[PDB]
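Structure follows of S-thalidomide associated with Cereblon isoform 4.
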Amino acid sequence: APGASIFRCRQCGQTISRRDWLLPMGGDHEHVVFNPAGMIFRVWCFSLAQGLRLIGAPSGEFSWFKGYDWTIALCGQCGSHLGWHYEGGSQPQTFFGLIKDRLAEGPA
Ligand SMILES: O=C1CC[C@H](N2C(=O)c3ccccc3C2=O)C(=O)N1
Ligand SMILES: [Zn+2]
């Protein structure tokens, strides 16, 4: 009965990811970043996620992760901005960067 195994959308409960899918990009699954508007995000990298809607076409503008282009990732149920999908890079080609405090962790 593990209580710390799946991540859901904090706003609505949509299933998003799993602790097992955390990905240590450059040696750490956690990355702290800012956007051009100065908003700070504590980003958890995941190899895999579900339940999202990836919006529009990829962009390399202001990418936090060298060699990757991003798309906004919304909660596919409620529209909450949960993070970004990264693509176009190498080892891995793709991953998800999700905002830790916009997820809730709990049992499967
Ligand atoms: O890797 C990324 C993901 C997108 C992120 N980003 C934002 O969070 C944002 C908000 C408003 C205008 C432009 C941006 C932007 O590039 C950013 O700064 N880097
Ligand atoms: Zn949601």
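Since chain A takes its numbers from the PDB entry, the residues it shows come out as 16-123. Order of listing sets the numbers, starting from 1, for every ligand and every atom in it.
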Exercise. Which ligands or chains belong to S-thalidomide?
Worked result: ligand 1
Problem set entry | Residues within 4.0 Å of S-thalidomide (heavy atoms) | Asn50, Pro51, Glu76, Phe77, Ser78, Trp79, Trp85, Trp99, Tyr101
For this session: Would you mind running through S-thalidomide and noting each atom that sits below 4.0 Å from a heavy atom of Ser78?
Result: 1 (O)
Exercise. Any idea which protein heavy atom is nearest atom 6 (N) of S-thalidomide, and the distance to it?
Worked result: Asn50 CB, 3.9 Å
Exercise. Identify the closest protein heavy atom to atom 4 (C) of S-thalidomide: which residue and atom is it, and at what distance?
Worked result: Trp99 NE1, 3.4 Å
Exercise. Is there a nitrogen or oxygen of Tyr101 sitting under 3.5 Å from a nitrogen or oxygen of S-thalidomide?
Worked result: yes
Problem set entry | Exercise check, heavy-atom protein proximity under 4.0 Å to atom 9 (C) of S-thalidomide | yes
For this session: For atom 17 (C) of S-thalidomide, decide whether some protein heavy-atom distance is shorter than 4.0 Å.
Result: yes
For this session: Flag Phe56 as yes when one of its N or O atoms lies below 3.5 Å from any N or O atom of S-thalidomide, and as no otherwise.
Result: no
Problem set entry | Nearest protein heavy atom with distance in Å, relative to atom 19 (N) of S-thalidomide | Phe77 O, 2.9 Å
Exercise. Which residue and non-hydrogen atom of the protein lie closest to atom 15 (C) of S-thalidomide, and at what distance in Å?
Worked result: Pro51 CD, 3.9 Å
For this session: State the covalent attachment site of S-thalidomide as residue and atom, or none.
Result: none
